[PDB]
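Bound complex of Cytosol aminopeptidase and Bestatin.
Below, chains carry the letters A, B, ... as their sequence lines are ordered, and counting in each starts from 1. Only a part of the entry is shown; contacts are counted within it. Both backbone and side-chain heavy atoms feed into the values below; hydrogens, waters and symmetry mates do not. For ligands, and for the atoms within them, numbers begin at 1 and follow the listed sequence.
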Amino acid sequence: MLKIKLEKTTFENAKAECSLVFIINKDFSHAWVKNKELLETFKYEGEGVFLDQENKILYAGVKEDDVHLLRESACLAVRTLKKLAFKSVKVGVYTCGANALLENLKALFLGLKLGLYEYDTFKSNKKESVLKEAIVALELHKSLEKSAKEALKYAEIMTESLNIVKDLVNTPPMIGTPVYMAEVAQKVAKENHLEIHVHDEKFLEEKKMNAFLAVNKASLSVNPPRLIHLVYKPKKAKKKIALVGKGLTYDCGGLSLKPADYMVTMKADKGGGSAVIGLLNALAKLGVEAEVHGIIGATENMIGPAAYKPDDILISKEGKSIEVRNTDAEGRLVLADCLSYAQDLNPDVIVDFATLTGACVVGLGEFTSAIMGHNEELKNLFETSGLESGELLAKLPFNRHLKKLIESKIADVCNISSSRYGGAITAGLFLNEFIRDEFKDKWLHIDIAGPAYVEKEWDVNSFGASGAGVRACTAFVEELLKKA
Amino acid sequence: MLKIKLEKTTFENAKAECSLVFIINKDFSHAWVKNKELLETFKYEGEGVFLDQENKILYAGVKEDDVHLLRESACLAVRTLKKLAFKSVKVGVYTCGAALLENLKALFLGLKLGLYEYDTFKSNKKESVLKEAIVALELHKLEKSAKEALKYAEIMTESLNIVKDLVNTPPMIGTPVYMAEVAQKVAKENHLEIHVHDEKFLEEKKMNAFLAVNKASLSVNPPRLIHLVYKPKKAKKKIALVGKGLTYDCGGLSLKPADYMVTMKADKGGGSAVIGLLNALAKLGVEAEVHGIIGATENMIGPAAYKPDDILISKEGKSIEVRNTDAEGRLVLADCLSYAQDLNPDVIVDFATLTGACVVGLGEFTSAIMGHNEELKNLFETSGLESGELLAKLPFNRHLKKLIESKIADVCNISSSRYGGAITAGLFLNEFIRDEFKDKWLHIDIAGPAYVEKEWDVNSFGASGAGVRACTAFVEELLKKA
Amino acid sequence: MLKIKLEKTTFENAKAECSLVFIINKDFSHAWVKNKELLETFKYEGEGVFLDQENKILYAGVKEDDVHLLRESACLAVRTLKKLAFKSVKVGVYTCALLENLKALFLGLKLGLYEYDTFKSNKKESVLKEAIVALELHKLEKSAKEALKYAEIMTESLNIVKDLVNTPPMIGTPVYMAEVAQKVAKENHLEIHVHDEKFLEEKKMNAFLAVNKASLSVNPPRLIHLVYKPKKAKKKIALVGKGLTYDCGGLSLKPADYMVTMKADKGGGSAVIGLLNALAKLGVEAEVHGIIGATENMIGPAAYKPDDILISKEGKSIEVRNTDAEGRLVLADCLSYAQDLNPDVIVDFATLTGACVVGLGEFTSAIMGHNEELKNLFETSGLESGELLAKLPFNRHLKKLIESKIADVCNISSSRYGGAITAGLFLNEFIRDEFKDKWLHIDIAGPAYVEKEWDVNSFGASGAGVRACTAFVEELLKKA
Ligand SMILES: CC(C)C[C@H](NC(=O)[C@@H](O)[C@H](N)Cc1ccccc1)C(=O)O
Ligand SMILES: CC(C)C[C@H](NC(=O)[C@@H](O)[C@H](N)Cc1ccccc1)C(=O)O
Ligand SMILES: CC(C)C[C@H](NC(=O)[C@@H](O)[C@H](N)Cc1ccccc1)C(=O)O
Ligand code: NA
Ligand code: NA
Ligand code: NA
Ligand SMILES: [Zn+2]
Ligand SMILES: [Zn+2]
Ligand SMILES: [Zn+2]
Ligand SMILES: [Zn+2]
Ligand SMILES: [Zn+2]
Ligand SMILES: [Zn+2]
């Protein structure tokens with residue numbers, strides 16, 4: 001954890017073992033640029049970072065006056081400083097293109113804190129960084145104390161929440177079992193004084209969640225499944241909100257086995273479920289005025305003599321029958337039954353998160369999540385809020401032609417499309433078949449298969465897990481409640 | 001089971017139901033070529049074998065004056081006679097380009113290996129009428145040399161055939177437990193110390209890389225860590241031989257295609273060779289303390305299988321990012337090499353059917369030698385080649401070493417590149433060799449010649465016993481200098 | 001280019017706009033480390049480079065006390081300074097034998113400026129133009145100028161090869177290759193013959209012609225023959241290079257993943273052109289012939305085919321089963337041409353097999369042949385010159401794998417294993433008995449072109465083969 005200290009003082013009078021100065025749009029004119037000549041001599045033009053050794057100033061370029069760009073640079077700066085021997089760094093308050101001040105303060109604070117994270121638990125050479133603190137001089141680069149206090153609280157809560165999700169998603173599958181997911185949820189419940197229910201395969205059987213159970217059949221005797229149900233219930237609740245996540249702690253494809261090149265990183269198939277656990281932590285600690293339910297269907301999708309099969313026809317909890325033609329479309333089966341369980345809560349809003357389809361990633365790229373559903377106003381609110389939080393998102397539209405592609409000749413619906421095209425969307429349309437008529441205008445489906453796990457550093461994300469979904473959904477709920 | 005009888009007599013005065021005469025480099029001039037006109041009449045030009053029916057003489061061609069080609073020809077000759085009705089064959093003593101002792105070993109070994117074939121499951125299996133080769137101690141171009149060569153031939157034939165029978169055993173039968181049983185027999189035969197450890201011992205020693213490979217099949221065929229010890233009255237060196245005993249390798253969750261999974265019963269080639277080596281080295285009575293270490297397990301697929309993305313803590317302590325479960329042998333070896341080093345040996349050699357890339361690079365008939373110590377690598381190569389095995393050194397370099405980095409562990413069990421697989425596998429093993437052992441270590445990748453689906457040289461279809469002769473010759477030459 | 005000035009002065013007294021200091025094996029004790037505590041403060045421990053801003057000193061780490069790593073670091077140091085605004089750098093003399101170290105430093109430094117950035121719009125001229133070498137030992141003048149001459153010639157020669165190999169295939173045609181060879185011949189006053197398809201027809205080089213058939217009417221083939229003939233020649237040496245200016249695999253078409261980078265299939269032929277330039281400028285005492293068979297291997301309605309049976313110039317017939325084994329067909333005929341010259345030594349260079357790259361990795365070339373002494377000489381000399389090499393052994397089992405039921409030999413192996421070696425054994429079929437002990441085959445499929453920076457090589461072409469064959473020829477002549 002990078003500690004951030006707010007101090008009522010000029011940047012110049014603040015004390016720290018080094019300084020951080022951002023260069024926005026190649027503007028080197030500010031008083032905080034102490035030795036402009038050194039930068040010219042070594043040809044620093046505001047791209048990436050540059051360290052003035054004599055003055056111990058780290059400059060960090062921000063290409064455009066942009067909050068999103070600010071968050072990224074602040075992260076890079078701390079990553080850079082993490083490998084050095086300075087115990088502390090001081091920085092002033094910036095106000096880039098975004099109200100604006102608060103969002104700029106949030107981006108600076110979160111960015112800085114996120115620069116310390118890397119999944120290095122298993123590396124033998126790992127070092128504790130010397131860098132422990134950032135001193136924030138409450139002075140404008142261009143009430144401030146109140147807004148900085150508000151942004152620091154957000155940054156503290158969101159960093160913790162993001163890092164919970166990332167440590168879990170990054171956890172290797174021999175360790176990160178469904179039972180392990182439940183234990184992480186149990187800690188979060190105890191920390192936040194939440195209600196938690198952890199159900200097993202017998203509960204699933206009693207509730208007739210046979211789609212969920214089918215996916216688990218191969219591995220039941222090794223790693224039994226867990227239906228994790230977290231509840232945050234404050235004194236004033238303006239809305240009941242259900243967050244449903246795909247908790248696939250390992251997806252090998254089942255009998256429809258994945259090729260080796262595609263099976264690697266599937267420890268991250270619990271990205272959605274993990275994001276939901278982090279969301280209950282964030283929303284509880286932010287004390288939002290809503291009753292929030294976190295529902296995670298956790299299981300592996302393994303191969304073995306008891307595995308569910310292409311040609312199986314499963315009776316969903318909702319009652320509809322499902323022709324299985326490919327066991328590698330397992331997430332939507334777990335989700336079919338978890339969404340059904342969710343609707344039994346009679347929520348006002350349902351949002352599911354899932355690393356659901358490769359086709360989403362092909363369509364949007366690795367860095368962007370897809371938003372699906374019927375209510376355009378609701379989808380727009382999630383998109384607008386999520387983009388502001390710094391996540392990349394795109395709506396994908398249903399249509400009636402795609403809907404026909406998941407027809408089955410021998411069941412009510414097929415777990416794959418008859419076409420090679422439109423996979424993210426036909427998957428969302430599969431889920432729709434399990435959304436009751438009275439919840440169709442209250443449901444969002446978010447496919448985070450891309451950004452939940454990426455094998456390189458990008459933006460505020462280190463190699464591996466990113467915590468995709470958490471910032472966007474938090475922003476969406478806050479904006480939702482502001483209107484209620 | 002081909003008895004060789006040495007006789008103080010001329011080739012002509014020796015008695016047997018038929019004769020074997022080698023034709024070297026198409027030279028038909030020798031007195032032993034009894035009816036030359038017959039060979040002309042039927043266009044025998046010294047390629048392969050030809051049987052003079054009236055004189056009951058089998059001619060066997062040796063294309064060049066070469067001791068290796070003589071070994072091969074002797075094998076082919078007996079293979080030919082095995083199918084006939086002569087109980088005995090007589091042969092003289094030959095001396096091709098090598099020397100006398102080397103040539104006698106070639107002849108006697110070649111002849112004995114001619115009888116071997118894996119026909120255990122054939123319903124039309126026939127026992128051979130051919131039982132003996134009478135060797136007339138007369139030079140084509142001694143008794144002390146012949147005796148010494150016969151001893152080697154007898155021990156090496158037995159040793160190679162132990163290994164070949166084990167490697168050829170199909171996987172339903174040839175389990176890790178089965179390997180341990182064969183090791184027990186060899187230990188009992190040679191009065192060796194033997195330890196057979198199970199998964200509980202593996203857990204105690206934190207050999208989690210080894211354990212991970214076995215997890216899919218633990219409840220079906222549990223793993224075995226086999227440890228043989230030969231300890232002579234005089235021991236000039238302490239030598240640890242480490243073998244990959246993968247009794248089946250389906251690739252795990254990173255499942256092999258069907259065309260590539262067939263023959264993987266032979267993924268126990270390296271561990272099997274180590275078992276045969278303890279037999280050979282004990283009976284030869286070499287002046288070295290020899291440890292044979294075999295990590296035996298299957299690599300199966302199932303709901304408890306270890307996975308791409310698993311990160312395993314090796315016994316040595318280094319963490320391993322698994323990105324492909326079909327790179328399993330190097331995990332088992334990482335832990336078996338750690339166990340080996342705790343013995344503080346002077347020399348460590350490992351044998352493994354480890355990479356397809358080795359076979360692509362060298363061909364199916366040649367094993368790769370890797371390591372740091374050039375004198376030690378050269379000694380294995382020269383000794384090995386002299387013993388009749390085909391070998392090649394493959395060099396490490398710093399560029400290949402970077403390719404097994406991991407972003408989230410100390411090392412990755414696969415390379416980032418499609419190129420140089422045999423050598424990056426070697427460099428993976430290197431990460432588990434302590435500094436104080438790096439100049440005492442050889443890695444031998446026998447993925448090619450350990451199992452080949454045709455007859456070649458002195459090798460029948462299937463298992464060849466690769467690594468046994470070469471490592472024997474290496475140890476003998478090593479003890480000469482000590 | 002990077003000018004190197006040798007100056008008889010101390011490192012301290014030498015003048016340049018910045019300094020270069022090597023840190024060998026994390027030894028920071030030397031006088032030239034001007035401000036130690038700065039390195040401590042910023043956790044520089046001698047890996048990669050570090051720039052002392054105040055003193056304008058670039059430190060470059062050398063992990064071990066090794067001449068090869070010195071070569072590498074020197075290159076990295078200059079790549080680093082190239083992006084900066086200093087016009088000159090000064091460096092002392094290092095010894096990680098003295099001649100060998102001086103050659104590595106000077107070559108290393110000069111190779112630091114090479115990038116294939118011809119088609120980049122943002123390319124800007126470098127400020128860095130000179131390295132001032134203070135003739136003072138870290139731990140001489142005659143060795144320095146000897147190493148400087150080598151470095152200058154070898155940098156020129158390597159960059160000739162890399163520019164050519166890097167040239168994209170629409171431009172880098174067989175005619176274009178012959179043009180680069182014409183420039184090298186004119187520069188060095190060499191004898192040069194450039195033959196076309198009519199000459200190939202007359203010489204019955206039908207294996208070569210077959211590969212060219214698809215694209216004859218677009219880019220005709222060229223047989224390039226350079227001759228260096230000095231006043232004193234102790235040996236006659238033929239250097240034979242595969243000049244496939246593009247290899248799409250022909251009818252046996254390559255998938256997209258594998259076709260990209262095949263502009264570099266002229267790696268071997270390009271290496272031979274650079275060799276002739278190096279060996280002539282070094283004035284070695286040997287008559288050296290450089291023979292390059294240049295053509296594309298394209299697909300089209302006139303393409304040669306799997307099932308074609310070709311009559312080589314040597315006379316042996318070849319069953320084609322895969323048109324993507326085209327290099328060995330060009331080489332079969334070029335080797336025949338080479339042997340007619342009655343050389344004492346023949347070395348061929350070719351980016352010939354993927355199997356070689358699979359077996360050895362991308363950074364190492366394979367050496368094949370019969371004469372162990374000749375192979376050991378090439379290997380040892382090449383390793384000292386800074387190239388990574390391995391010998392691959394023939395054997396009789398592999399030789400059987402290229403038999404044909406309907407021709408004298410097949411242009412592919414019947415097995416998926418041992419491809420670099422069975423390719424060598426295919427070439428062997430066209431080497432006369434009287435040349436078999438005078439022949440080396442070098443498969444540079446790996447390091448001739450690599451899509452990243454490594455050692456002294458920038459992205460793309462490396463100039464593989466040139467340094468090693470130069471060192472081998474120089475060492476060969478010592479024995480004569
Ligand atoms: C078989 C298809 C109909 C469905 C299939 N979906 C899956 O395999 C999901 O279970 C995968 N978990 C989807 C995924 C892909 C890439 C990165 C993260 C997650 C897909 O390929 O999209
Ligand atoms: C996944 C790859 C990085 C490693 C993989 N290696 C293996 O599958 C080994 O376990 C095989 N047992 C190696 C082998 C290949 C061919 C013949 C005999 C033995 C290989 O393909 O070489
Ligand atoms: C068809 C095979 C017998 C031969 C085939 N060889 C070729 O395609 C050569 O013409 C290629 N030019 C060899 C090559 C491969 C990879 C990188 C650099 C160079 C090969 O794949 O090795
Ligand atoms: Na992803
Ligand atoms: Na094999
Ligand atoms: Na290459
Ligand atoms: Zn799946
Ligand atoms: Zn999945
Ligand atoms: Zn394997
Ligand atoms: Zn294996
Ligand atoms: Zn080709
Ligand atoms: Zn080619």
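Location of Bestatin, all copies: ligands 1, 2 and 3. The other chains with any non-hydrogen atom less than 4.0 Å from Bestatin (ligand 2) are B.
If you number the atoms of Bestatin (ligand 2) from 1 as listed, the ones under 4.0 Å from a heavy atom of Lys244(B) come out as 9 (C), 10 (O), 11 (C), 12 (N). Nearest-residue assignment for atom 1 (C) of Bestatin (ligand 2) (options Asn299(B), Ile446(B), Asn324(B); heavy-atom criterion): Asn324(B).
Under a 4.0 Å criterion applied to the non-hydrogen atoms of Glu328(B), Bestatin (ligand 2) contributes the atoms 10 (O). At the heavy-atom level, UniProt-annotated Mn(2+) binders of chain B within 4.0 Å of Bestatin (ligand 2) are as follows: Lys244(B), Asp249(B), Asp267(B), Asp326(B), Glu328(B). Shortest contact from atom 3 (C) of Bestatin (ligand 2) to any protein heavy atom: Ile414(B) CG2, 3.8 Å. Counting only heavy atoms of the protein, atom 8 (O) of Bestatin (ligand 2) lies nearest to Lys256(B) NZ, 2.7 Å. Looking at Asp326(B), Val360(B), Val359(B) and measuring to atom 5 (C) of Bestatin (ligand 2), the nearest heavy atom belongs to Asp326(B). When each atom of Bestatin (ligand 2) is checked for a heavy atom of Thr355(B) under 4.0 Å away, the hits are 13 (C), 15 (C), 22 (O).
Scanning the protein for heavy atoms near atom 18 (C) of Bestatin (ligand 2), the closest one is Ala447(B) O, 3.5 Å. Less than 4.0 Å from Bestatin (ligand 2) sit the following other ligands and ions: ligand 9 (zinc ion), ligand 10 (zinc ion).
Here the heavy atom of the protein found nearest to atom 14 (C) of Bestatin (ligand 2) is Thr353(B) O, 3.8 Å.
Considering only non-hydrogen protein atoms, atom 12 (N) of Bestatin (ligand 2) sits nearest to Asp267(B) OD1, 2.7 Å. Which parts of Bestatin (ligand 2) touch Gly356(B) is read off a 4.0 Å heavy-atom cut-off, strictly below it: atoms 15 (C), 20 (C), 22 (O). Annotation for Bestatin (ligand 2): atoms under 4.0 Å from non-hydrogen atoms of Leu354(B) are 6 (N), 7 (C), 9 (C), 11 (C), 13 (C). Of all protein heavy atoms, the one closest to atom 4 (C) of Bestatin (ligand 2) is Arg330(B) NH2, 3.8 Å. For chain B, the active-site residue flagged by UniProt that comes closest to Bestatin (ligand 2), at the heavy-atom distance given to 1 Å, is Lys256(B), 3 Å. With a non-hydrogen cut-off of 4.0 Å, the residues around Bestatin (ligand 2) amount to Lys244(B), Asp249(B), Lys256(B), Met264(B), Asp267(B), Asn324(B), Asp326(B), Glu328(B), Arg330(B), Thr353(B), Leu354(B), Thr355(B), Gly356(B), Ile414(B), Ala447(B).
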